> 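Mind having a look at this structure? Questions to follow.
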Amino acid sequence: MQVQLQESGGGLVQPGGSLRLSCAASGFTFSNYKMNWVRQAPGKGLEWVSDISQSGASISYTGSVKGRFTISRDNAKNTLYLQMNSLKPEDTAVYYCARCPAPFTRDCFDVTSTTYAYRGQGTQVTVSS
Amino acid sequence: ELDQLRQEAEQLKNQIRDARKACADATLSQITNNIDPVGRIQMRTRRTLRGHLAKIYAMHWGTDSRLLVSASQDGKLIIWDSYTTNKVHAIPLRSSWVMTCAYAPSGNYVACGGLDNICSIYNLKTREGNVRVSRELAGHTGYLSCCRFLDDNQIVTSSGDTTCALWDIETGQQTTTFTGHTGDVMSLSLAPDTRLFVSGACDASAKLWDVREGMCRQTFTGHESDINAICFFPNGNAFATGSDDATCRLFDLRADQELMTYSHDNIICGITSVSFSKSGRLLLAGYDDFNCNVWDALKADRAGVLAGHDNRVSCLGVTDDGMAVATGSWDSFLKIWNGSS
Amino acid sequence: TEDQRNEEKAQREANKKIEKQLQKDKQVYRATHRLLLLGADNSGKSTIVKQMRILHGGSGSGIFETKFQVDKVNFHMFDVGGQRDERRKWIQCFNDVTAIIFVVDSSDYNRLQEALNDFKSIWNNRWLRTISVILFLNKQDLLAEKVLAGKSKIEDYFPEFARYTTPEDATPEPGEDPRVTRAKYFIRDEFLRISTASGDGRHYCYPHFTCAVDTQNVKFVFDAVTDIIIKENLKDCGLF
Amino acid sequence: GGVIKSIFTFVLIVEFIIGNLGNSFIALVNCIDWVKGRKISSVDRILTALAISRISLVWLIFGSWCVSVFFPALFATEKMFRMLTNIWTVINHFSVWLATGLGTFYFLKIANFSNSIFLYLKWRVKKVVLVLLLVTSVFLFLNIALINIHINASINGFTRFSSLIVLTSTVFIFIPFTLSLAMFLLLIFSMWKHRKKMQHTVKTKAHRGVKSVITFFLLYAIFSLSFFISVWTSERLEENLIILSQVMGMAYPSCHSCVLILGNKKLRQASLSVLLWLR
Amino acid sequence: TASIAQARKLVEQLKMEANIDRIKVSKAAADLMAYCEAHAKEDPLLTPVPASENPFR
Ligand SMILES: O=C(O)c1ccccc1Nc1cccc(C(F)(F)F)c1
């Protein structure tokens, strides 16, 4: 079917709280793709937040989220989880879960571009006090 | 009220999928299970055209099945006489970055394009000798990917600006534009009757356009990754696709859904060129694994391997009579394959 | 028949002419080294392009193709400018380039992650896994001013600064504070770690801190390109 | 007398063993690569040709010494001698100038200089190697003409003649070796200049391999000079002259095959693999 | 209102996609089979043509 990535979990939370993000995926074999997490702070561009390999062996995070967020990849349910912990107002954004363009390859080239097909509408994570 | 529009969008998409499923009764593998396989077909490099200075990016045969034009990133358009493996014309190009080349059906024109975003048209039969730039079709805000001459005067070019167009050579402006693809459009094939054409983009989808109107009639989907090679089934009622998801797919125009996926566990690299044979039974597709696998159209079985290219293959086409198939790759070598009796 | 024989002879003569021209163009192509200039909007790629347009008589919808001679060597440096943000398909046209000159702002302290990911994509791309990258950490003076003035702290954006020290093989400019050395080499080592933690033995990175005088910049480009071609010739000759 | 003869005979046997090993093994690995549909680069084609010519040459010398040991009667038919020297001259010319061609290939591809002539030769290294073989065809003609002239003079009138003829052969082989040594030293100097350029630009196995190769050209230089000077001056030869000339003739095609085995990455990897499988 | 315009365009495209005559996949299967069988003989690649008539010999 048509490639789809539906984000979920976005909501208002006071600073220092926790949040869970889910990215249901369909239409492609989830296993062989370096799934990433990208976000858009208001009045800014698309910044890459975290990524995970096919089996979770290699995970990386943006330095601003190095000790704050974790990435889990459940290949059985084709869902990517971005655990959001110790939120601060600098993290408020709409979070898009994005797939690497090509299977069995680690060159995630066009993930933060203005338009990218293998992504989702996203959910707004508000950290307003 | 954007949420209402989104709700309508998903409702319409669900209705379309339901209609396709209701029209989906028997898989083509089921009906063609009884079809006698063509078996292991072997072909050899009858003629290996050489002379291209750099990698080969595109090739297009002529209507006479004799002359073919190949584009290289060296900045050359070498026109080859396949029957006698001689170079007839060599056209130096302004921009070395060439991603497409088209031979006009009349035989009096050639096309080229690439990162320069301008489609360059060349006269082959000028009153005087030598080849010169006829017109420069400008207006594509992105790299051109595939171009094909509808007729001696019209040309439809596909670009990475997420919008194809049909041009008038004398006029030089986009007479009709084709918008709707989200990502970069890469391939473009013409129906046997020059009324419709399809173009597959990096949005992992392929759309069918009507030339004389300008709106895409159908939007076939299914590929996991970007569609990088498209071709028309000879009947005119079907078209095959190539994607970096290593699975060529066949979509029929009428039923408007997937028919089969040409897949193999060993194959993990992406297709780059797809071109059906004259009877439509043999689908020949090249991959980044540096060789081409011929796929039976009626059954998802690998007929043979056209090994012989060191680097990845970029282009592949068959003559109008299907006498031979020529595959160009990034090793600067174009090799013709013909069945062995 | 006679007319067919004459046509065959004419076609062979055309072949000979085209082959002579193609040998000449093969000579000029082998002589010429193709360099690709890549960078972000904030990176100093535009400044380098503007400088080289007039310094080397740059020929000039968005391909900035210039061909120049430095010390009798032929260079073809180009920047893809007319294309949109998608970079995964027009970058495949540059699998055979001699080098990819990567320009990084190095003083944004905010967009450095985008540059790091861009370098990752270039290095780990399947079609660019052969191509060496000339890392050009531009705006070194701006980073020096930013670190000296304090205010913003790199620890906020990159958190590994709190556990980093200058490497023993350090080449600071004669009069210049330790903290800016620490920041500069942290950026350089971030890029170098991203490069090394991948396939080696085929392509190498050439980190460089861009100085005010552009002659040193051109000299570094020339030396890196010569090194790349030396190593490639070692590979073809088998002495590697 | 007897002791030096036995020592040189043992040296010849060792050289024959090592030459067969190296040359046949180069030919074998290249044939396996060709038959299995692997990559066949130009340098390995030149290596195949050089290795085949070299194994032919070493077998030729071994057969000649077998004639001079196990059948001391064919060696003096005055016609087999002429036939053997003609075949040896042809095959050794091909081997030596093919080695010089390999040196030209390496120098013209790897080395880097700003001189206009070097660059003019640099982008047509194929043109250089075949034009060099065609040019040294006239050297082959000169050598064969001189060898026929010398042997005809000998027949008209041979220890002194044998000394003179091996001296002529030594000069005719020294010239291409001199060219190869100059080319190799220039290549190493270019690499040295580049290495310190990169060291100022900041940016072990090669050092070991480089060090061994210069040991050859230092070892071969003294060994080559000793053979030439001795035959030119020292008369402690005659019967020893045959064994000493055979030693010198067998010296290059074996030890240079060893240097090439240490040079080519495929050849080195195959040698390491055969060592691993040995144990 | 650019997002609104894009949404309207895509829902319109889906609408014109809906009102398209769709036939069962079996009939398309039969059409492809008929085309393959009718021109199987004239295809040179499917059944290698005799070398005498072959022009690429
Ligand atoms: O072996 C010769 O005669 C030779 C001559 C000239 C240049 C190079 C030559 N051989 C060679 C073979 C392998 C590696 C290297 C070197 F390491 F010096 F580059 C040199």
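Protein chains get the first letters and strands the later ones, always in sequence-line order, with residue 1 at the start of each. Numbering of ligands and ligand atoms starts at 1, following listing order.
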> Which one of flufenamic acid, ibandronic acid, diclofenac, dexketoprofen was assigned to ligand 1?
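It's flufenamic acid.
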> Name the main binding partner of flufenamic acid here according to UniProt.
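With more contacts than any other chain, that's Taste receptor type 2 member 14.
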> Which other chains show a non-hydrogen atom at a distance under 4.0 Å from flufenamic acid?
C, D
> Heavy atoms under 4.0 Å from flufenamic acid: which residues of other chains qualify?
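By heavy-atom distance, that gives C/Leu239, D/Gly103, D/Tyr106, D/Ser180, D/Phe184, D/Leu187, D/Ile188, D/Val210, D/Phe217, D/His256, D/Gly263.
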> Which transmembrane segments of chain D, as ordered by UniProt starting at the N terminus, contain a heavy atom less than 4.0 Å away from flufenamic acid?
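UniProt segments with a heavy atom under 4.0 Å: 3, 5, 6, 7.
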> List the residues that UniProt gives as binding cholesterol in chain D and that have a heavy atom under 4.0 Å from flufenamic acid.
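Of the UniProt cholesterol binders, heavy-atom contact within 4.0 Å holds for none.
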> Mind telling me what name the entry has for chain C?
Guanine nucleotide-binding protein G(t) subunit alpha-3
